[PDB]
Asks: 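This structure holds (11R,12S)-mefloquine. Let me ask you some things about it.
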Amino acid sequence: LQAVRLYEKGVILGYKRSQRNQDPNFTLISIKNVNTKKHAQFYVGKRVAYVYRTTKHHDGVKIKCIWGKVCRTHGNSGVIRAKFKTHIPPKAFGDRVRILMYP
Amino acid sequence: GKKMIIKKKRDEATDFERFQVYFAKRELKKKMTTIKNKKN
Amino acid sequence: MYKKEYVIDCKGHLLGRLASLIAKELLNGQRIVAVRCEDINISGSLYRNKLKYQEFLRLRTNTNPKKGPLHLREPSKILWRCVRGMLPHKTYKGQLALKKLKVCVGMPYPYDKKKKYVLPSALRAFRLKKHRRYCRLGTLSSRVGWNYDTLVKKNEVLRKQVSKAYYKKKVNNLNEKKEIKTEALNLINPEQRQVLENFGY
Amino acid sequence: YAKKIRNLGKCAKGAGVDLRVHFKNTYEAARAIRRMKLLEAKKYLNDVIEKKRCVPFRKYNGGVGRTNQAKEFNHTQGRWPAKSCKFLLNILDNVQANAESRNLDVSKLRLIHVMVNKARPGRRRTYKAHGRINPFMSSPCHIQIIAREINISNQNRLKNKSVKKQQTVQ
Amino acid sequence: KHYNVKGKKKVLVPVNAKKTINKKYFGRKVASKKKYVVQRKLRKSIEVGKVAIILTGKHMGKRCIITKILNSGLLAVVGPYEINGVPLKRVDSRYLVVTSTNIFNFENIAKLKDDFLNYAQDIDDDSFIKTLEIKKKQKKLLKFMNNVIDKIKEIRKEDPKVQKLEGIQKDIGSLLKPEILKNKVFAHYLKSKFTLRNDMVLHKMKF
Amino acid sequence: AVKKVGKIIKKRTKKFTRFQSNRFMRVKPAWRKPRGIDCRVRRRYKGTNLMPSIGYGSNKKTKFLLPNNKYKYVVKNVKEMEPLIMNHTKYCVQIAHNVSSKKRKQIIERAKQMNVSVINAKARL
RNA sequence: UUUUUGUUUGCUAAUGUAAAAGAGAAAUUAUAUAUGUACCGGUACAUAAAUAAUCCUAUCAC
RNA sequence: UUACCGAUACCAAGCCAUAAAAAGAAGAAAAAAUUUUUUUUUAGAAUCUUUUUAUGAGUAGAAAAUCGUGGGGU
RNA sequence: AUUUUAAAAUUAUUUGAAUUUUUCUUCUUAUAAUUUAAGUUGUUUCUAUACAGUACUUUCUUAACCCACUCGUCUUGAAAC
Ligand SMILES: O[C@H](c1cc(C(F)(F)F)nc2c(C(F)(F)F)cccc12)[C@@H]1CCCCN1
Ligand SMILES: O[C@H](c1cc(C(F)(F)F)nc2c(C(F)(F)F)cccc12)[C@@H]1CCCCN1
Ligand SMILES: [Mg+2]
Ligand SMILES: [Mg+2]
Ligand SMILES: [Mg+2]
Ligand SMILES: [Mg+2]
Ligand SMILES: [Mg+2]
């Protein structure tokens with residue numbers, strides 16, 4: 001096996017939202033097999049990284065990453081809210097995110 | 001009941017124990033593979 | 001919904017609920033193949049359903065029916081339409097989600113060899129009381145002109161035989177594996193064996 | 001001229017000040033010409049004058065018919081703007097002459113810049129309706145043509161990271 | 001030194017004021033008015049001979065045994081180099097998931113504990129932080145490719161503190177290795193990398 | 001959004017452009033406050049241009065500090081340069097747009113002597 | 001098809017991904033029962049019955 | 001019956017303005033260097049400075065503070 | 001440039017009491033220190049041994065999620081057919 005996971009998989013969903021009001025300050029994350037509030041709480045302090053690819057190289061690379069902290073659980077069904085260093089692009093709304101094991 | 005207990009055991013296991021189990025499985029696979037080869 | 005592509009076996013499901021289930025997943029970011037769409041059930045009585053369909057058909061655009069409500073009468077098509085209804089398809093994300101969905105009548109080329117999933121919170125057996133009238137979608141489609149129902153059924157039947165054949169082989173393989181395991185459990189190491197036994201395997 | 005050239009030694013220019021031809025037709029012709037060997041362009045112009053090949057009216061396409069020769073440019077509309085074409089041909093000829101006067105081979109010259117700007121309208125009067133005088137102006141043009149002869153950071157930490165990545169890959 | 005407020009008993013560690021801040025209407029003064037900062041106090045699972053998984057390093061996922069509570073809060077870790085490949089590595093408590101398994105709980109290795117402790121004690125805090133000179137030297141190589149890397153490695157080796165650390169690691173390996181090898185399964189475990197799979201839920205894990 | 005750099009907080013980096021300045025050429029971006037009934041901007045409907053307001057203002061303490069943390073001072077002449085001999089860490093010189101090249105050079109030289117930063121030293125360089 | 005390096009005059013070397021980290025999993029069918037198996041839809045015997053709460057597949061470098 | 005989501009409303013914190021309120025006509029601090037140099041400041045502008053608290057919708061309208069244009073004396 | 005003081009609290013001492021007999025028992029006589037007082041500081045990286053680069057700033061550019069109806073106007077009321 002080449003490469004080791006060490007993170008839980010996730011899907012970076014919408015922003016924190018009304019019915020028709022945005023709130024880009026928080027993102028909503030679905031974490032693989034976590035379906036309840038209680039389970040969600042386990043991940044609360046863990047660090048989240050949205051890694052993404054680009055055409056132009058930057059710090060000599062095609063992959064860059066934005067970091068976040070995972071702030072609180074979100075309503076009954078294991079979803080969590082995550083707050084990031086800089087707000088996530090909505091291009092990301094169906095994308096994968098990584099929830100690391102540290103803190 | 002048995003399956004429940006197995007599940008419980010799995011839940012309660014230490015990382016090392018999981019690793020041990022994995023090792024055992026691997027060993028079995030090796031042996032199993034050999035047996036299969038022999039059969040063939 | 002973290003899989004590459006979920007194949008959903010649409011037999012024995014309850015239409016609208018199924019559609020709803022699909023839609024959310026699609027939105028999230030999941031490739032869904034709704035397969036075997038002839039056997040999706042609707043919670044109303046068959047006649048009622050038919051009437052509803054007729055009514056829907058009647059609402060066409062008055063000036064030029066080339067545009068307006070396209071009354072797609074294939075069961076798969078109907079399902080797709082339903083899914084779309086439950087989506088923000090007028091945006092870009094919604095459109096993408098819609099595209100991601102694929103609907104099939106019966107079972108085609110690759111989706112016979114892929115694992116078929118079931119949505120338990122949408123099943124007819126779990127959502128309807130058995131004294132209420134339900135309606136098979138294929139039948140409904142046939143009633144409102146689909147024609148290719150019998151053919152589809154035949155195809156399904158044919159596929160079933162193949163599946164059975166494959167299943168037998170699979171069973172045999174499983175048995176063989178079990179036998180091998182039984183043989184080899186004595187050939188490992190005592191402590192290891194014990195450990196294995198303890199952890200169910 | 002409008003173009004950024006750098007070396008004018010491999011270029012030959014030609015201009016038309018105030019041409020008595022319609023701006024739109026001429027523009028279309030110019031467009032048709034653009035990015036072509038000079039001789040080929042000339043040939044094309046000649047053909048259009050003799051109504052053999054059409055110029056495709058793609059920009060100013062309001063009311064222009066529907067010719068058979070337009071299929072050549074993947075378009076449906078096209079015309080044979082005679083006077084305009086003639087004017088353009090004249091300018092091309094001038095350009096060629098200029099090139100000759102220097103030391104450019106006419107076979108390897110490509111039109112790199114075919115600009116048509118609209119000059120000031122020549123005012124005339126038309127008479128309408130219930131004693132109404134209206135402008136019957138022309139749409140004159142300037143034509144500008146240019147032919148041309150055609151043949152970090154290291155960072156130690158970053159470096160280390162890169163090395164690590166390479167190792168992992170291996 | 002310690003303070004016992006509300007029944008916590010927090011334990012104080014002497015700190016130095018480094019940051020200077022501009023005065024309101026005259027000359028600058030030091031930022032810190034406090035002289036003692038409360039000690040880190042690690043979790044009730046971090047011990048002295050437990051095996052832990054490094055989450056973030058280059059040795060990402062490797063299973064390394066804990067060594068010394070290094071006073072600065074962050075602890076020392078070793079995956080006995082000759083077995084796992086993890087050197088004498090300083091690490092924060094957060095970037096390590098400590099397993100419930102302890103080395104000194106096994107019947108074979110429990111007797112060689114005092115020596116291990118002594119070794120740990122011998123390791124110090126200042127032996128890790130690279131002095132500026134070395135860094136400067138390393139930098140100086142930037143102004144072919146692999147050659148540069150080699151040079152850097154050489155420079156690293158040269159460091160006397162580094163050498164000492166290496167020696168210590170070697171000693172530890174010598175002390176520990178054979179016993180580990182003898183417990184074959186354990187050795188294998190030590191060697192292997194911890195990876196999450198499509199069944200390991202993480203939130204229900206009790207490792 | 002907010003643009004923290006140092007302790008320097010900027011609340012609103014985006015310029016407030018005039019309503020509809022983006023719709024008719026004749027309307028410049030320069031903020032003008034909309035009057036009259038049915039403005040939408042005046043009424044502050046979700047989705048329109050915002051109205052500049054006093055809440056946006058920067059902390060009294062860091063206000064006219066530039067990214068450098070020095071108040072910009074315009075300089076036309078050596079005499080003017082001189083008031084900032086006792087202030088090189090707090091005001092930074094900008095040489096007037098209309099200064100001739102020799103004079104500019106002289107000013108730059110003076111600045112270097114004073115240890116005072118020049119924000120536009122490169123004009124006509 | 002395989003390999004190598006790259007995609008760090010309008011051009012004439014050339015980059016993009018709504019989604020890789022194991023994106024693992026082919027009976028069928030009933031839901032007040034199904035599935036096999038063996039005979040003649042019927043009979044007899046097994047088998048699933050928190051069914052993915054599972055199973056498979058990982059790390060054994062040289 | 002819980003749980004949750006959910007406003008520019010509420011709370012906690014910052015900053016901006018307005019209003020009011022406290023109050024105001026002399027002095028070395030630190031760091032870096034190596035006991036002495038260097039680096040920063042070393043404040044006192046009454047519609048001003050420092051701090052405190054509360055408050056902030058707005059057409060017709062009123063007022064204040066600013067900003068800009070053509071010329072004049074300085 | 002003396003309310004970042006005074007006290008509180010805490011630590012190690014010292015004198016006297018108390019009924020809540022107690023390694024956080026309280027008051028109090030005295031002394032030092034500290035912070036739970038008296039609104040965040042420290043450690044290690046990184047940028048980086050760089051003069052501008054693909055990093056960093058910022059302008060523009062499209063995307064994308066959510067929202068957003070032509071302004072002025074008279075009018076109880078204008079996005080107004
Ligand atoms: O929403 C109803 C309806 C529509 C359609 C569809 F548009 F897909 F053909 N199918 C329906 C069905 C369907 F047949 F199961 F699809 C059942 C009941 C109502 C339906 C119609 C729509 C017009 C007004 C109410 N009856
Ligand atoms: O009020 C004193 C004062 C005195 C005198 C003086 F007596 F010289 F005229 N003049 C002052 C002035 C002055 F009048 F402008 F000179 C202003 C402010 C304070 C003054 C202050 C006291 C603080 C130190 C400065 N002078
Ligand atoms: Mg109104
Ligand atoms: Mg209006
Ligand atoms: Mg107001
Ligand atoms: Mg809208
Ligand atoms: Mg009216």
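Just so it is clear: chains get the letters A, B, ... in the order the sequence lines come, proteins before strands, and each one is counted from 1. Looking at the header, which is where the method is noted, we find electron microscopy, 3.2 Å. In listed order, ligands and their atoms are each counted from 1. Partial entry; contacts are within-part only. Values below: every heavy atom of this structure, side chains too, minus hydrogens, waters and symmetry copies.
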Asks: Point out each ligand or chain corresponding to (11R,12S)-mefloquine.
Replies: ligands 1 and 2
Asks: Can you peek at the structure and tell me the main thing (11R,12S)-mefloquine (ligand 1) is bound to, named as in the PDB entry?
Replies: 60S ribosomal protein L13, putative
Asks: Just wondering, which other chains does a 4.0 Å heavy-atom cut-off pick up around (11R,12S)-mefloquine (ligand 1)?
Replies: C
Asks: State the binding site of (11R,12S)-mefloquine (ligand 1) (non-hydrogen atoms, cut-off 4.0 Å).
Replies: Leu15(C), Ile42(C), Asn49(C), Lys52(C), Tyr53(C), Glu55(C), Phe56(C), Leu59(C), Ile78(C), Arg81(C), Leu140(C)
